[PDB]
Structure formats: C-alpha cells, structure tokens
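Please read the structure below before turning to the comments.
All chain A residue numbers match the PDB entry; in order, they span 27-295, 297-310. Heavy atoms only: backbone and side chains are in, while hydrogens, waters and symmetry mates are out. Remember, it's 1-based here, ligands and their atoms both numbered in the order they're listed. Per the header: X-ray crystallography, 1.8 Å.
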Amino acid sequence: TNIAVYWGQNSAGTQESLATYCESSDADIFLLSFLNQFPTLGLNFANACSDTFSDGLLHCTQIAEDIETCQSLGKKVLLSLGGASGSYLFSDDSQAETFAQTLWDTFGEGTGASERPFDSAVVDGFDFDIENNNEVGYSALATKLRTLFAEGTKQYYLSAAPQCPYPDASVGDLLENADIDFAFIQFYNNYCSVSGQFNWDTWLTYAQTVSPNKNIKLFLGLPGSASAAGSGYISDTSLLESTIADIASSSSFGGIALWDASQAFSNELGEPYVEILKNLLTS
Ligand SMILES: CC(=O)Nc1nnc(S(N)(=O)=O)s1
C-alpha cells in the first residue's frame, strides 16, 4: 500500500519543491496539479513555476529536475489533468484521441517535436481529476494512451480522482470503460466522507465487478489538514486506524491519497499528518 499526494496548488501556502516531498519518505506517488487547460495546453503550479515559452506555456526546469530526482528515489510522478475550476473540455472522442498523442509527445516518451514543459523529464503517467461534470472523451483518451505507452521504456500509470458519490459525474464513464491503475476517491466535501455515510463498500463493488481492470487499486482520498477542504478532515487517529482496518482487508485497497502535500506535510498532530498515515498503513 502507498500514500499518494497531490502537489502543485499550494493549498497550505507553504508549499516546498516537489523534490523536498519526494525526499521525505512519507509519500510514494506524486500527482502534479495541474494541467488545468486543454486541448490548448495550459499548466499551473502556483509559485513553483513561472517561466514560460514565448507562447505562454509554462516551462518548469526545477520541476523537471525534481521529477527525475523523485524517480531516482523510487517514486511515481503523474501529471494530473483538470482540477476544480480551470478550463478544459473535449468536444468528442476523436478530439480526445488526438490529445493522447499530444500528451505522449509533450510529457511522455513520444518523439514528436513539440514544446516540453519538463524538458527531458518524463512523467510516469496521468491522473484524471476531472471536476466539471462533463465526461466526454476521457475513456477514449485513456484507451489511446495505453496503446502509445507500448512505445515507451517503463511502465506507465493512469488514475482517476472521482469524488465519493457513485457514480462520479465527471470520471464515471472513464472508470467504467477504460483500464485504470488507481482511483483516488475524494472522501471529502461530500456526504459519503468517513464520518458521513462512508461508501467504500460501493467502490469495492465497482472494483470487483465493473472496472475493466479487475486489479484496480482504490485509495482513501483525504484532506491533509483542517484547512485543506470544507469538510471531511479526520484528526481522530482511532477512527483512521479502524477505517484502515476495515478497508485494508481486500486486494483492491491501494492506500491513502491526500489533498495536498503542502497541507499533509505541515499539518502536525507533533508529527506530520502524512507520517501518521504512512505509519498506520505499514501496520
Ligand atoms: C483531487 C482534488 O482534491 N482536486 C482538487 N482540485 N482543486 C482543488 S481546490 N478547490 O482545493 O483548489 S482540490
């Protein structure tokens, strides 16, 4: 089991470099937040990158260096598409399939000469954090990416970030119709959070019975601090322990995901929140 953390949007204000969190040993998977504009490419990583190519697209040499450092240390670094707010849509499947090629050539191991925000660094795949209630294109995009990944020289990963209500109005189709490695389910800002009417059991049925990938790994997505989300933050370590005990008893359990790194690393409970969770997973 693994800890995934979103990084890039500086929820806490005190966000450190990506490599700083990779070097902490409290997290395993890093989701760069976000490619918030597409098909016409646009990235945003708050204070962590501000230089651009002449045409306005972010050019991020420090993030590039840090992606490589993270990977050397055994971490997986995915590019997260979308995010709450932000400016994106596919008109249809054909447009989304074209966009698979664009992602491969821009961020992956594709050889098509185009501007690369991370220079020679190569992401380990993509997270679909679609939050606009429009599901067009993503299944097609995911499926096309899988075909392109065969050209690469390492394993690539695709993940999605549904909110806990099932089915998810943005990535539900993606999750039902494409092969997905990880579902980082947001158990926050919603009725189905851990202290609400927690609906892990529904997500488990989805994993065993609906997901094209029967080996999909489901993650308990949580806010990293009281200030990381409106509702859903858990500070009761007993509840965390028992929650983990309940859900870790299947092969479908992948670990915990956190919004976001700046929050989970700085929020102390006098030990970082991310450390508390990493440690509960280990047992
Ligand atoms: C997976 C996830 O939590 N994604 C988010 N995107 N934007 C967020 S926001 N409203 O806190 O800035 S959270």
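Modeled at ligand 1 is a drug that PDB records call acetazolamide. Measured by close contacts, the chief partner of acetazolamide (ligand 1) is listed under UniProt as Endochitinase.
Looking at acetazolamide (ligand 1), you won't find any N or O of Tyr32 less than 3.5 Å from one of its N or O atoms. Here is the list of acetazolamide (ligand 1) atoms found below 4.0 Å of a heavy atom in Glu157: 1 (C), 2 (C), 4 (N), 5 (C).
The nearest UniProt-listed active-site residue of chain A with respect to acetazolamide (ligand 1), heavy-atom distance given to 1 Å, is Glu157, 3 Å.
The contact set between acetazolamide (ligand 1) and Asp155, taken as ligand atoms under 4.0 Å from a residue heavy atom, comprises 1 (C), 2 (C), 4 (N), 5 (C), 6 (N). Residue-ligand proximity, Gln212 to acetazolamide (ligand 1), at heavy-atom distances under 4.0 Å covers atoms 1 (C), 2 (C), 3 (O).
Most of the residues of chain A within contact distance of acetazolamide (ligand 1) belong to the UniProt domain GH18. When non-hydrogen atoms are compared, acetazolamide (ligand 1) lies under 4.0 Å from the side chain of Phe60 (C-beta onward) but not from its backbone.
Acetazolamide (ligand 1) lies less than 4.0 angstrom from a heavy atom belonging to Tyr214. Between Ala110 and acetazolamide (ligand 1), at least one pair of N/O atoms sits closer than 3.5 Å. Distances shorter than 4.0 angstrom do not occur between any heavy atom of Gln35 and any atom of acetazolamide (ligand 1). In the PDB entry, the organism given for chain A is Saccharomyces cerevisiae.
The protein heavy atom nearest to atom 9 (S) of acetazolamide (ligand 1) is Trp285 CZ2, 4.0 Å. Applying a cut-off of 4.0 Å to heavy atoms, one finds the binding site of acetazolamide (ligand 1) to be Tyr32, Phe60, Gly109, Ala110, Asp155, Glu157, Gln212, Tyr214, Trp285.
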